[PDB]
K.L.:
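Here's one more: a structure with aztreonam in it.
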Amino acid sequence: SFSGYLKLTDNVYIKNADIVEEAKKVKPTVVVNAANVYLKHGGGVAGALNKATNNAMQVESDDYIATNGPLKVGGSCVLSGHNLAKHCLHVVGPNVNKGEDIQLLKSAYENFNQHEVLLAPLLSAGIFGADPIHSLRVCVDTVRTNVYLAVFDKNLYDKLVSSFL
Ligand SMILES: C[C@@H]1[C@@H](NC(=O)/C(=N/OC(C)(C)C(=O)O)c2csc(N)n2)C(=O)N1S(=O)(=O)O
């Protein structure tokens, strides 16, 4: 299903791509959302994935929170993938701009290990305020299942690749 990815390790793949467009095209078993603990999908990856579901992800998420309460930072829940995927794994990476502990990034990535294959963004990057080069390192040192990383920004993609150890 997936095409055009650079192989970084035995199990981590990366591509310069819009995760929304990739989800729509591939319809993978699991797409990862870069969520917050309230599953309020306002901006960033979450805002874009939600908009691609015509707000159906937000409606489902509102029901989830009403029933179960908020996630923990570093935690996850599995919901519908709607039109993008079979399932959406909503994962909460720490938001450095809210002062959340960057050490929880490894816990966040550990959620990915419950799924054999996933399409995902770099956790805690973008508006979550962490260094994406750090995030990718934590990814490669934590995830053991097959992860296809979609990086929207071409300059960031190039830097992630060119700096990868
Ligand atoms: C240059 C990238 C920029 N990334 C983005 O803004 C990028 N958003 O998010 C992430 C998740 C990082 C991505 O590119 O996958 C995006 C989505 S739609 C658009 N026009 N740009 C960001 O703060 N950096 S930095 O290299 O980590 O400074």
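To match the PDB entry, the residue numbers of chain A are left as they are there, and the shown ones run 5-169. Atoms within a ligand are numbered from 1 in the order they appear, just like the ligands themselves. Only this structure's heavy atoms are used, side chains among them; waters, hydrogens and symmetry mates stay out.
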K.L.:
What would the PDB entry call the macromolecule that lies against aztreonam (ligand 1) with the most contacts here?
P.N.:
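Its main partner is Replicase polyprotein 1ab.
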K.L.:
Take every heavy atom of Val155, measure it against each atom of aztreonam (ligand 1), and state whether any distance is under 4.0 Å.
P.N.:
yes
K.L.:
Answer yes if a protein heavy atom lies under 4.0 Å from atom 15 (O) of aztreonam (ligand 1), otherwise answer no.
P.N.:
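Neighbour list for atom 15 (O) of aztreonam (ligand 1) includes protein heavy atoms (cut-off 4.0 Å).
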K.L.:
Identify which UniProt domain of chain A accounts for most contacts with aztreonam (ligand 1).
P.N.:
Macro 1
K.L.:
Looking at atom 10 (C) of aztreonam (ligand 1), is any protein heavy atom nearer than 4.0 Å to it?
P.N.:
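Not a single protein heavy atom is under 4.0 Å away.
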K.L.:
In this entry, what is the source organism recorded for chain A?
P.N.:
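The entry gives Severe acute respiratory syndrome coronavirus 2.
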K.L.:
What part of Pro125 sits under 4.0 Å from aztreonam (ligand 1) if we count only heavy atoms: the side chain, the backbone, both or neither?
P.N.:
neither
